[PDB]
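The model below depicts Peptidoglycan D,D-transpeptidase MrdA holding avibactam (bound form).
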Amino acid sequence: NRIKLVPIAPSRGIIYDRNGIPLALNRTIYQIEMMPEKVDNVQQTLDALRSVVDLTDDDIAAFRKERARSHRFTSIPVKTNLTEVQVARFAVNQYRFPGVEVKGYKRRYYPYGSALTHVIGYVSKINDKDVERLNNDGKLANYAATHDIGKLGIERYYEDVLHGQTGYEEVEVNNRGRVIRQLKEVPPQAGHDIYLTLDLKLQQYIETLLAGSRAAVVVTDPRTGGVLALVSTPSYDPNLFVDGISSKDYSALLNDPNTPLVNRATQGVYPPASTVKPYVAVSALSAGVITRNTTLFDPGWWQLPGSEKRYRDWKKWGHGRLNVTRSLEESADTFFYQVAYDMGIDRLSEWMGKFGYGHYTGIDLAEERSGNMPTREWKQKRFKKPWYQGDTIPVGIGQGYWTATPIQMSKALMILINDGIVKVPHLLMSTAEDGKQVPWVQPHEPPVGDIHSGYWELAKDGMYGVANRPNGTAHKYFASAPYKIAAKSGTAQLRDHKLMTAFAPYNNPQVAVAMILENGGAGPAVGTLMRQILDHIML
Ligand SMILES: *C(=O)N1C[C@H](NOS(=O)(=O)O)CC[C@H]1C(N)=O
């Protein structure tokens, strides 16, 4: 009688929000299955199982077809999703059905569904590119009994910790290959539980605010860089994929022109526009090409020296006399056109790159785009034409070749809040299992510019003005708040993309928000939605 070794799959770790609410759970699902070769009389067995587990003609139909579409000595399921009564009935009848097995499979469950789709992700059936990627990473050995895998979001980024360590059992089998006894069991070890920085009730609220629009919101705590909410709408139900998604259901997702499969927060690539003016400002003050007192007269436009090329301000007849404070307050373009010209693309890209633009943020998701912070070398490689000085000008106001993601906006915003300290936006607070907590540790990111310098306060004071002073572009959204709001909006490029960044309270910022409504959103203005979000958080 031969002794077989049989892998035991591990139980997948739980994902919890910042308050211990489980966001990704396991459910056991029961089926009876058989290897027909190991079943003496298949027909007799099927018919007697009508009585025992309420086996139906359709169940048998599905059985024989799946029996065809399967390799020799494959275990064919006979009946799936058994009720507990049905398992108990089969259990007390097990001895009549040698070669029929009852088995439990842990499946993944997402209780809050579409509110956490892009950030949490889903696990679903392993396919051939999963196999390949596991075999390159040299992890395949540990999946001998594992059949699902993180496909995106946190479920994929942390697949390795969530999965656990496969175990194994020694079982005795008879002449016909049926297990009669278990000799030894070396149990698996559950994957680690992971605790996220997310606030689930804040994420559901924001998802409610965003209803109908193509939008992304990132909310962070700038004191820690944690992601309190990262939502992309429209979304979809991650539970659809867990037990295998309908191709009807799946083609409906891909064919949605509102592209709900896209994580807009990390893969949405847009011109950052005016939202960059605070960072361009800090950069110019540090570079020394402007001053707290630098002033220019804006007629509503700006002309490139040695050229008839004129760039426009949004105010048709100008903002009159502008310094950096007032330019941030009223989101003047002319001031920043000039700043860009003086900075030069070289210095300008180098500084904006230090705020994170054009680079991956370091967030712990695998779905991410880097956007584009243009350089001479990049323009050369991408178009084999050299850099012209008029290419620098729109970069001053976050346009031209410049594109960024809302998670990049977030990183940059937090740097400004922290006076050049670079905090990576992250979702993981800690790991666990087996009882030992490992906290998420910030990678070494050297600061931007200089901490002691007073330019950080200057640019932030301007954002306070945007939100609070009568000439600020966002006064109507934020002035009346008890806590002090600082903000900076932008408009990009069908209708225009509406962007808003903000943080609160201004004295001791507890929350940072970058958000964007594609083509203006479906209802409220982005400034109204920002107020409501900052209200919900601060009460
Ligand atoms: C920045 O994107 N801009 C300057 C100004 N911002 O106004 S908004 O934030 O209220 O949309 C006008 C739009 C835009 C520009 N450069 O035109």
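Per the PDB entry, chain A residues shown: 57-549, 568-613, in order. First listed ligand is number 1; within each ligand, the first listed atom is number 1. These numbers come from the heavy atoms of this one structure, side chains and all, not from hydrogens, waters or symmetry mates.
Considering backbone and side-chain atoms alike, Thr547 places an N or O below 3.5 Å from some N or O of avibactam (bound form). Against a heavy-atom cut-off of under 4.0 Å, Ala329 is close to the following atoms of avibactam (bound form): 2 (O).
The protein non-hydrogen atom at the shortest distance from atom 6 (N) of avibactam (bound form) is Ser387 OG, 3.4 Å.
On a heavy-atom basis, rounded to 1 Å, the UniProt active-site residue of chain A that sits closest to avibactam (bound form) is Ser330, 1 Å. Summary of contacts: the protein heavy atom closest to atom 16 (N) of avibactam (bound form) is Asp389 OD1, 3.1 Å. Below 3.5 Å of separation, one finds no N or O of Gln455 facing any N or O of avibactam (bound form).
The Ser545 neighbourhood of avibactam (bound form) comprises atoms 8 (S), 9 (O), 10 (O), with distances under 4.0 Å to a heavy atom of that residue. The N/O atoms of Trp370, backbone and side chain alike, include none that comes under 3.5 Å of an N/O atom in avibactam (bound form). Nearest protein heavy-atom neighbour of atom 2 (O) of avibactam (bound form): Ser330 OG, 2.3 Å. The entry models a covalent bond from avibactam (bound form) to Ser330 OG.
For avibactam (bound form), the polar-atom distance check finds no N/O of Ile453 at less than 3.5 Å from any of the ligand's N/O atoms. In this structure, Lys544 does not count as a contact residue of avibactam (bound form), since none of its heavy atoms falls inside 4.0 Å of the ligand.
Taking every heavy atom under 4.0 Å from avibactam (bound form), one finds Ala329, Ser330, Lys333, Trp370, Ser387, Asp389, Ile453, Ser545, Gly546, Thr547.
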Pairs under 3.5 Å, nitrogen or oxygen of avibactam (bound form) with protein nitrogen or oxygen:
unit_1, atom_1, unit_2, atom_2, d
avibactam (bound form), 2 (O), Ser330, N, 2.9
avibactam (bound form), 2 (O), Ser330, OG, 2.3
avibactam (bound form), 2 (O), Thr547, N, 3.1
avibactam (bound form), 2 (O), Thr547, O, 3.3
avibactam (bound form), 3 (N), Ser330, OG, 2.4
avibactam (bound form), 6 (N), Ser387, OG, 3.4
avibactam (bound form), 9 (O), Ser545, OG, 2.2
avibactam (bound form), 9 (O), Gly546, N, 3.3
avibactam (bound form), 11 (O), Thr547, OG1, 2.3
avibactam (bound form), 16 (N), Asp389, OD1, 3.1

